[PDB]
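Quick look: ixekizumab on Interleukin-17A.
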Amino acid sequence: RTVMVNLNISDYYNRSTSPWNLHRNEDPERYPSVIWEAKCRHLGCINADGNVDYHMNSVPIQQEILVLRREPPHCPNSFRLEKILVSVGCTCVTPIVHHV
Amino acid sequence: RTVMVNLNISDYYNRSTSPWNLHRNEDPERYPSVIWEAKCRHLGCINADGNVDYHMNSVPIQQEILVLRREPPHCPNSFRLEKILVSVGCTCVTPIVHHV
Amino acid sequence: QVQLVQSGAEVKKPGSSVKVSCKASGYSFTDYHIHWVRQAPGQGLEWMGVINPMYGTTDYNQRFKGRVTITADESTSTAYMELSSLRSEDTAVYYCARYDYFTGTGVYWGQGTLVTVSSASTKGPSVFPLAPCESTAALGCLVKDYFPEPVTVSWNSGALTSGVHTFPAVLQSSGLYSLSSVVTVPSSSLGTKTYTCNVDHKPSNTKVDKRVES
Amino acid sequence: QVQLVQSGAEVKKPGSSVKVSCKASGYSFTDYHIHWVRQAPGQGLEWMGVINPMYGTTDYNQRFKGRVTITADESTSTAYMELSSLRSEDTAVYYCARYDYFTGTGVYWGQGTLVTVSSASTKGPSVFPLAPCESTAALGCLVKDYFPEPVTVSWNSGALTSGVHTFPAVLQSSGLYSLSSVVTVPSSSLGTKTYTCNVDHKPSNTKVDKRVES
Amino acid sequence: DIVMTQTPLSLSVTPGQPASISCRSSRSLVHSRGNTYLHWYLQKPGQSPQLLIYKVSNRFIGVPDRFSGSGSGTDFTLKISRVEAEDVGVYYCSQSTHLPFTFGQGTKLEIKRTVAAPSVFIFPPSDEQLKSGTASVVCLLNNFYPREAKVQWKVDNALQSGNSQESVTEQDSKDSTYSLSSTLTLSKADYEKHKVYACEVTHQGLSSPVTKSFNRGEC
Amino acid sequence: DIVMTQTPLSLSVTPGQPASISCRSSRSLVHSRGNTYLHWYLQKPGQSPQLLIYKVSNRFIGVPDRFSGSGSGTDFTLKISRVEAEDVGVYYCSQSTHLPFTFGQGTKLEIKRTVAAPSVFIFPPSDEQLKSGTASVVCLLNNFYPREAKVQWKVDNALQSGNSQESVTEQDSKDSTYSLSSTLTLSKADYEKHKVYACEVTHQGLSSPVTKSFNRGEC
């Protein structure tokens, strides 16, 4: 399970029809400690008239990212690999219509 | 530089106004070896009439991801941390108009 | 089946903030949007805002400015509306509704929540009997001097429901509300049967039962 | 300044695929879209497709079906159009154009690329002199029996340009092209000056210079 | 904000008679992807709105066929072929095409049922209330139509003024009648100075006025 | 696909005289966000199209004010106030509103300049060509207008038929004339059997026909 690891460390959010804002996710026990996550500005999307269109949806596009967590806790030299979901931006989708 | 690491391992792409397809990025010297990357289906976006609108742009939303690379090469027990850019999906944006 | 239950009525002082809850059941909470609509006394309906419980994405009415905050908790299937810097004009019934894309509007509604914006002190009611001094009789309960609204008046613990009239409350010169709940009964039953009104004023945590006797 | 240079003319057999290049300069390659437009002989213009060099995002004309592939190389500022399963009907001049959102259309254009779809063998020309047998004289060059088009005929290595006429080629019963480039000159110059035509047939890598003498 | 204008603002309809309500929006309610989000709701006092018609003309599950919807662009109409007692309430049109979603002013529907004379009752103040130092005399006018009724309080034959309040119920969903309560408020002292307390009622359904009284000192 | 229809298909205009070209699209060229992507191009033979007007009425940098654009929705017009020699070519309208982008059929503009008689020249076959076993005799008709010219080949006074080809240049951008080349193709054997090779020209600019000849056996 253990390996040797060497350390070797666009206005879209505003211009999108599904705009978003970045939110600070900070964890001192994690590397990267700070992760900037996208949160969709509206439920709907922006139409050709520049207004919010309720019949389209701004949805966050999420991806699995690899993070290091101190193991055991508060140990600066020992870590565990973790997979977390982060929102990197938002997209505009036509909604799903539900019936039974 | 070296630390101990413990191993602990939605139709949006079609419904988006900026749809995309996933492409296989495989590297045997890397962990994760396989990364599925989004490539935008059109230059433009899909309008209310279901047609491609040239005056809007499908743009890929990219994020820095942490990957492990074998160091020295072909060594299964020793790695280096690397940061690469991956496209996780596409968004629809109004274009930038250029002039001087 | 599909059901929306809101939190009980409240009294808030001007400048304070109110938080109304909306508990959903009978469907997958995350799959439907929750809208909030209000109604000031004897006025029309007014759309306040919307939440997508799946992602927490919202859209508000600009009229309320940055005073309304709508949120949803996936784990408790509950949505909440938070209205800050309360004005006398914010005195209203607040509703929650789940919308859908087939119908395109709000099908299922919460029962409502009354929010009284007042610097006035909460007071529980005083329940007095209304007994007479030919073959049909009336008896009732005077629910007097309470603040704020509402009260619930049942008869014989919900048994007696036919022929009951709980009158809309009238704000006396006191600044306190007064009301009467009445019921018509056969005169023959005056002896053979017992008539009790059950009064509940939730804001002041007051439950009173009065035996109506002639 | 802003400039688009395309690759030289080609001859392709039916069923083969052609790849035309478009080298850009004078601007940031990535900031502007590159469109491809074609024109069959004596026919109108026809939009083939578009590439966004920044992301490789494309859009095509459905008429060509899945036969057209447009690509761009950021490092060499070059865009390419690849037309597969070539038909006689695909014989045309292919243009590249950079579009923009201010104008909304293609301002800057490439020079063009002629693609002849033929099972016919490539042949270099035969350059013969045209000398006479009163005070203005004409002399020229017969550029005969070459395939495919085009040829470039200059005079005295580009020196002489005034009064020159290089006639549109005529496809003889051979299946080979024939053409004449002529020039009018003062009769007085016949002796004092030397007249040479420079013929270049790039498809067959043929450069010929013929001295016109009477 | 889209303005929704309803005409008429109120209506009094005989059960069995048809009813019509107009809704006009300040801008067209046709959405970019082709649907028209105009809906009809019925609200009974102190109850949530109930969906009647969605997307101009679709009846919601459980809504009787007497309800029908029509219109396009900016002008819409809700029709009721036969008005029934259960139809009492306030009708609203609503647009969900444009944010923010908007509702009309509302149209009140009153059921014009036949005259119903009230049953009149009088209640003396309770002995517990009197300990409090106040006397409230209550008069009940039960299940009558129309709403216009006249209640007069007499204390030892002298007509009273400005010491009584009224409260009317919402029109009933089943029998289409109203009920009224009149409360005379006196001090314990004033109450104990007089004997006869009477409640006098005038209503369209009564051939002459009805008096209900008591003598303080029976109860 | 949007269909763009241009009227007329061809035009012959006297320099100084106005010109007008119509463009009608099968569907409105107005975009969702408000712009109208109708443009005008001029194409000179064997050259890329040059931008004249963009977005209905905007003249491109460097385009003289004689060019003007107008129209809306589906009907557009390009006007030239004074036609100049440099204006020769094919004019195209184009829409970039809807994918796939489309162009009109094109309108050819010919400059109706005054008659210009041709200068006629004749070239005997070269000695290198004769070694090849073929003889090509060339006749040049230089800088003439209109294009209609008649070239006749006589070999020892006998009129020739079906053994010669013609090629006309594109109308010149500066002097608005044409040039034609007629090539008579004979076998080395036929060529060596006759003496006089003549080229006879008929044109509007000539009062009578012009003959240019040679005798095989001077050259």
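Chain A is the first sequence line, chain B the second, and so forth, proteins listed ahead of strands; every chain is numbered from 1. All values below come from the heavy atoms of this structure, side chains included, with hydrogens, waters and symmetry mates left out. The way this entry was determined, per its header, is X-ray crystallography, 2.9 Å.
In the structure shown, the parts corresponding to ixekizumab are chains C, D, E and F. Other chains in heavy-atom contact with ixekizumab (chains D and F) below 4.5 Å, by letter: A, B. In ixekizumab (chains D and F), the chain with the greatest heavy-atom pair count under 4.5 Å against chain B is chain D. With heavy atoms closer than 4.5 Å counted as contacts, the residues of chain B facing ixekizumab (chains D and F) are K39(B), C40(B), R41(B), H42(B), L43(B), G44(B), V52(B), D53(B), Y54(B), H55(B), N57(B), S58(B), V59(B), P60(B), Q62(B), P95(B), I96(B), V97(B), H98(B), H99(B). Residues of ixekizumab (chains D and F) in non-hydrogen contact with chain B below 4.5 Å are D31(D), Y32(D), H33(D), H35(D), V50(D), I51(D), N52(D), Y55(D), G56(D), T57(D), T58(D), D59(D), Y99(D), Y101(D), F102(D), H31(F), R33(F), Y37(F), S96(F), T97(F), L99(F), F101(F).
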